[PDB]
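In what follows, a structure is listed as structure tokens, so that the remarks can point back to it.
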Amino acid sequence: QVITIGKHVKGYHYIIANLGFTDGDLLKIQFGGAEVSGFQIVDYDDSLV
Amino acid sequence: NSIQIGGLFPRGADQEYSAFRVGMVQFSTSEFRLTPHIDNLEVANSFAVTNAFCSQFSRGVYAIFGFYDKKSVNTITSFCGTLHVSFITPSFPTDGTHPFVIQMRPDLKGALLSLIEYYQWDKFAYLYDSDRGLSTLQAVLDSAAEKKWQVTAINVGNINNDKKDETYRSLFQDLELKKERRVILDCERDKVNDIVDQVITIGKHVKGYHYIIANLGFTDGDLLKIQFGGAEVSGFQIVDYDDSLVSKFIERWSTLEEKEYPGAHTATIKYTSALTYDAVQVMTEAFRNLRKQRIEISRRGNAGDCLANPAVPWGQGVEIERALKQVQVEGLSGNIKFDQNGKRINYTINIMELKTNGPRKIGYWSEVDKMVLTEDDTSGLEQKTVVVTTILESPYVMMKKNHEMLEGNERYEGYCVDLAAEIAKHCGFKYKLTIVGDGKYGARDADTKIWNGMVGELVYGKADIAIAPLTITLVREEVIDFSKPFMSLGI
Amino acid sequence: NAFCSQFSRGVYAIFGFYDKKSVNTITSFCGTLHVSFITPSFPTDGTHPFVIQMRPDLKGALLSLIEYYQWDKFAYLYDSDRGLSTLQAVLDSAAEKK
Ligand SMILES: NS(=O)(=O)c1cc2c(cc1Cl)N[C@H]([C@H]1C[C@H]3C=C[C@@H]1C3)NS2(=O)=O
């Protein structure tokens, strides 16, 4: 609904309060201009991961 | 009289062929019937167009209806101007005046020039598609040179699919270099639905941008995407849903089964299918009028090779085309008239602007008449030019010597005129400068309390504000209010 | 008529000129019938098979000459009969080099 009403340009700023930050959709507002930060506890770089 | 005709249809024009099948039995059969041999073949390969044309001429039909592409318009004109076979089409209108071609689509170009001159632009970008041709591109550059416009035209149509997510990003970021604001799109509906989605991904539909769609089915494409954006989107319609026969066809069209006619069980319809429907009306009016004048179209022999050396045609087809150019009925586009060549005149195009509730019209444009707005003034909130009363006093408010030539708020000059402009600049309202009638400052009446002058203009609700040399007293605070004092004085 | 007549004659190699209006007809016959066609006319736009063309391209040289003379603002008078590929070409460099 944000991406429909046009609130993801340069200037806005979003913080997601979850643990699976990349578990949701991020292809929508990737190219927007807004900046989006969040948290992870599952790091894909590691060996057993 | 089941009269042999020929039909050309692309592989994928299912809505158009279904609308033709509807219009086939929508009105016919008090008389002559039609014998349609349908060719569901391609249109890009002119060799395939040649094979289909010689096959239907080997059939020896009297008229052929169908589409053409820009790689085939020369072939169709070159064969029909030879063999005198009347050809009728809904596609893009031809460039040169060619004989034996009736073309169902109106002009767009004078309408689009009218729209740009109405919006009063000077500098814009023009994204075009090559495969629809370049006649509008040639037309806008002449008037851009004459009307001192600044056009950045960009070809976009040859871009492949597999890079079709980053090419548009590079394109609009190059448009960000000159900081573009005004875009005219000229594409097919598929390229429109592709480019709107990439705009709405990269975030270019806020308040500030402005888009003009150059098609005929302005609402035939998707508009739920950028309806709530902030950008403003305008386009053109030739199929108006308000009308009687239109809404009759809407109710007829919606109630049909999707399985029998694909793409039919919707609310709206394509303008191409609409012109395909009106084409049957024209084509049946033709053979109606030839039985009115009782002219026999007896071929009286077979046809043969299309490569006959030299081939010799038959001029009753010239009379067929002559009676075709005199057809004047009413249809989904409205009235129709033809020229001496087969091009359509006497049409009307509605100007359609997108709003929050949805699309709406603001005016029409005719074949000769320019843009006539329909005075749809739904602006419920107009900032009223507020009432400012004062009186002539030097150097507070003074006349100018050239007041008759000038107008209104320009006529007055002084300390108070300069002050009121500062107040309106800080407060953002509109104002009109007025004069008190009786020429007094104002006091109350004995025994009736009738405040005259500049007092009663504010007490009795006549005037709205008074920037003027007025003195704060005791007897004036009870009826009006004063700000903090701005200039001191004495007796 | 001429092309069908000479392929009925059984030609092994077709040569001739073309204008802007017959270019699709000849490339559409030659892509089907697989006959080698040779021309001095204007070059095409899309990569079509079986068409050899002696007239070289121009647009790179003309853009290089504009960059050498170091221009920004000019007029461009064109004729349509030879084609519009150069007109489509110089507008993109106008979009880039402002
Ligand atoms: N020197 S003068 O008469 O033109 C003049 C007189 C006045 C001015 C400003 C000027 Cl320039 N503003 C004051 C206001 C400022 C503040 C203090 C009182 C009022 C609030 N009122 S005033 O005393 O009426």
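The chains are labelled alphabetically, A first, in the order the sequence lines are listed. So for chain A, numbering is the PDB entry's, and the shown residues are 207-255, in order. Sequence positions for chain B are given in the PDB entry numbering; the residues included correspond to 10-500, in order. The PDB entry numbering applies to chain C: residues 60-157, in that order. Read the numbers this way: they start at 1 and go in the same order the structure lists the ligands and their atoms. In what follows, every heavy atom counts, from backbone to side chain, and hydrogens, waters and symmetry copies are set aside. What you see here is only part of the deposit, and the contact count is restricted to that part.
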- Message: Could you check ligand 1 and tell me the drug name?
- Response: cyclothiazide
- Message: Hey, which chain has the most contacts with cyclothiazide (ligand 1) here? Just the name UniProt gives it.
- Response: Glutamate receptor 2
- Task: List the other chains that have a heavy atom under 4.0 Å from cyclothiazide (ligand 1).
- Result: B
